[PDB]
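Below you'll find the structure, written out as structure tokens, and then a few comments.
Heads up, chain A uses the PDB entry numbers, so what you see runs 204-261, 275-477. Order of listing sets the numbers, starting from 1, for every ligand and every atom in it. All heavy atoms count here, side chains included; hydrogens, waters and symmetry mates do not.
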Amino acid sequence: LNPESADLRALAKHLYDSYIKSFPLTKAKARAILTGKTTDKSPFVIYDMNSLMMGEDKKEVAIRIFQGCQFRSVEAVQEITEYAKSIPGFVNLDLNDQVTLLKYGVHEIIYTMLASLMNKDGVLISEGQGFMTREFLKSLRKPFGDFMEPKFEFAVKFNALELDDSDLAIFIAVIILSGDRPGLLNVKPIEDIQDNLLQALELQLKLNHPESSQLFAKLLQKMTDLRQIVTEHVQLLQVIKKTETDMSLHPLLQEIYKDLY
Ligand SMILES: CCc1ccc(CCOc2ccc(C[C@H]3SC(=O)NC3=O)cc2)nc1
């Protein structure tokens, strides 16, 4: 019997709803696919070149896989942007700040949600219809061989927190509404929204994970891991671009990466 708690539950429900609406492949579906539940179908597994050419029925392989990742990332940016607009207060912010928050927030969100599609052995692709093994991704030619490893390392750790979609919905909102982003014009309105989101997240985790002591704090500490993945990725990208002068980068990703840090 607390009305402030009641408003925070209302916010949590709203965010979960928009999340399900914005992201076509949820963690719940991903885990059904990965663990072999009967609600969803088995993926075709790509573990080598033959299986890759087989899978394509249902050029340069490293470059093909890399650009696949890129294209998937641009559609993820599109999904995250539609989600962000559902976050109460976001579209009422200064437009330049909306842009800044998306610019710095989207990649940290991509890697958070990518974890949902991963286990220690590989990653779901093509909306869960495929599974590409971690060893196969590791085996790719020099510059490409290690692009995915840091993401797998983060994911195994992150997934040990056993978050569900209802938790992740609030956490990603919290990520987007970060007042510490470089070049923000009006920090106060953003921190006010984030404070509300943090209250909602704390209550969600206490209610959804009553036996998981300090899960809120542990989750927030993962923001440090996300930030480091993004930094590493950015530097790997600059190596790739200099060594592979014939590989195209999508303009949207290019604009996001422009003087990030
Ligand atoms: C169908 C082919 C295919 C094969 C591997 C993956 C794994 C996806 O892993 C990802 C890795 C990084 C990113 C985002 C990164 S990669 C890039 O070029 N730009 C980004 O922002 C997004 C996804 N997806 C699709």
query: What is the name of the drug located at ligand 1?
result: pioglitazone
- request: List the macromolecule sharing the largest contact count with pioglitazone, named according to UniProt.
  value: Peroxisome proliferator-activated receptor gamma
message: Hey, which residues are hanging around pioglitazone within 4.0 Å, heavy atoms only?
response: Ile281, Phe282, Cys285, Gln286, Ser289, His323, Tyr327, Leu330, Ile341, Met348, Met364, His449, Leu469, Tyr473
message: Mind looking up which residues in chain A UniProt says bind rosiglitazone, and which of those have a heavy atom under 4.0 Å from pioglitazone?
response: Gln286, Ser289, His323, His449, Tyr473
field: Heavy atom of the protein closest to atom 6 (C) of pioglitazone (residue, atom name, distance)
entry: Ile341 CG2, 3.8 Å
query: Of all the atoms in pioglitazone, which lie at a distance below 4.0 Å from a heavy atom belonging to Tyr473?
result: 15 (C), 19 (N), 20 (C), 21 (O)
query: Where does the model put a covalent connection between pioglitazone and the polymer, residue and atom please?
result: none
- prompt: Which pioglitazone atoms, with their elements, are less than 4.0 angstrom from a heavy-atom of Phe282?
  reply: 18 (O)
- prompt: What species name appears in the entry as the source of chain A?
  reply: Homo sapiens
message: For atom 13 (C) of pioglitazone, what's the nearest protein heavy-atom neighbour? Residue, atom name and distance, please.
response: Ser289 OG, 3.0 Å
message: Looking only at protein heavy atoms, which one is nearest to atom 15 (C) of pioglitazone, and what is the separation?
response: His449 NE2, 3.3 Å
task: Identify which UniProt domain of chain A accounts for most contacts with pioglitazone.
output: NR LBD
- prompt: Can you list the atoms of pioglitazone that are under 4.0 Å from a heavy atom of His323?
  reply: 20 (C), 21 (O)
task: List every atom of pioglitazone that sits less than 4.0 Å from any heavy atom of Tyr327, numbering the atoms from 1 in the order shown and giving each element.
output: 14 (C), 15 (C)
